[PDB]
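Here, (S)-(-)-nicotine is shown bound to Camphor 5-monooxygenase.
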Amino acid sequence: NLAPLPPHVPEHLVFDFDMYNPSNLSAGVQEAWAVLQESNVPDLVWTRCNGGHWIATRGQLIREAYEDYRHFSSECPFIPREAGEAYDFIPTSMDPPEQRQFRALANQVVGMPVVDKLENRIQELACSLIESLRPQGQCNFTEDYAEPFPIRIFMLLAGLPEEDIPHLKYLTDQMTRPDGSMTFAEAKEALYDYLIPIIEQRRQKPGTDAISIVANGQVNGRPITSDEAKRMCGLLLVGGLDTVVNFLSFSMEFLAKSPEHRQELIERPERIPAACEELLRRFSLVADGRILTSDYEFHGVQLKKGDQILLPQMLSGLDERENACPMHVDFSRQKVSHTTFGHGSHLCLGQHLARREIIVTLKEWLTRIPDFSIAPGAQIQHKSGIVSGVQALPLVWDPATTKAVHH
Ligand code: HEM
Ligand SMILES: CN1CCC[C@H]1c1cccnc1
């Protein structure tokens, strides 16, 4: 339940929001979080849920905090406090100047250059999966495409066997949406337990895979340590297994419910890139933050050192003061504003890989199965957390309206 209110917190700023189980969850997870943006709610509130933590509710506040790493440190970036204290992935748990040097190395395995070179394989995997489903006329998109497409692309790049997916997927989820069987520390260590033997074997006999590059990598001329590689590889695992997988579900759900917007893409393919950006805004899904490094007065609110402050990357784009008709999906929006991939020194290094994956999915799915919808009488349940997702997305379509395309 609720944590006792700290001495310095004003009772008029208390809004008991629960990020792992928001009250208005059945209306759609993004809709649940938007309640923090209704007229009466202040720009910065305090929830007593999950141990108690501040919550910036507007883009202006969120963007500001992410830029000011001096007052807002990534050292303890997650809610609750035990999860953030135990979290030490690189570069996410570091602030500049220390974190900068590690980004370049990560870019060596997921940056635009590597992505450009993966295009052929990515499109090839997307098409096989889709054509594999096209004749059945149904599928549960979460397990049939959303998880396999991105995860297999990563497992491949990482030189990790596909049979290890179920185990790894489970562990990453305990970090973003814990079912209660594991603490944050336990899941993290279980992941490290998996990676350690591999980072050691890749440093003895390195291959060309992602982990080999990282384990034998150099940051600012000096060679990376075994511990650092572990912490960096753990972050890459989470990105390939619980980011795009969740996003594709939100996107296909919307498309399933809006024959209008899909038709807009089928008829005018060139706008798919722009459509992707708008879908990333409307269905943003990440929510992490920072921890106060000192007593600081922020927008009239007294914050004390050690206070945690959630800065939901998902809210900036939904903020009416940033986009005129927030909950409306308009592919022709002239200035699609958002912070879906973060803001500041920690801007997502995988976003380029993310976009190609989203764009390839839209182009290769719409080209084969243009007509489809939500299964008969199914009510789509969303899941909330550090990274929100879709519990299940069963779809259906008439095989006769589909077309077998050749890649
Ligand atoms: C649609 C999918 C994705 C979303 C929305 C997303 C979101 C984010 C966000 C918001 C951050 C910054 C968080 C913070 O400020 O603490 C971030 C960091 C990062 N992301 Fe992603 N990401 C996505 C996919 C990926 C993928 C697929 C990978 C790689 C396989 C990845 C790798 C990274 C890395 C390495 C960082 C750390 C950068 C740093 O610490 O400076 N992300 N991502
Ligand atoms: C805060 N991050 C942004 C993308 C993934 C997310 C995250 C979630 C769990 C563990 N590490 C990172």
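Residues 10-416, in that order, are what chain A shows, numbered as in the PDB entry. Per deposition record, X-ray crystallography, 2.8 Å. All values below come from the heavy atoms of this structure, side chains included, with hydrogens, waters and symmetry mates left out. Each ligand, and each atom within it, is numbered from 1 in the order the structure gives.
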(message) Just need the ligand numbers or chain letters for (S)-(-)-nicotine, all copies if there are several.
(response) ligand 2
(request) State which organism the entry records for chain A. (result) Pseudomonas putida
(message) Mind telling me the covalent anchor of (S)-(-)-nicotine (ligand 2), residue and atom, or none?
(response) none
(message) Any neighbours for (S)-(-)-nicotine (ligand 2)? Other ligands or ions under 4.0 Å, I mean.
(response) ligand 1 (protoporphyrin IX containing FE)
(request) Enumerate residues in chain A that UniProt marks as binding heme and that sit less than 4.0 Å from (S)-(-)-nicotine (ligand 2) by heavy atoms. (result) none
(request) List the residues forming the binding site of (S)-(-)-nicotine (ligand 2), heavy atoms under 4.0 Å. (result) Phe87, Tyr96, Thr185, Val247, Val295, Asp297, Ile395
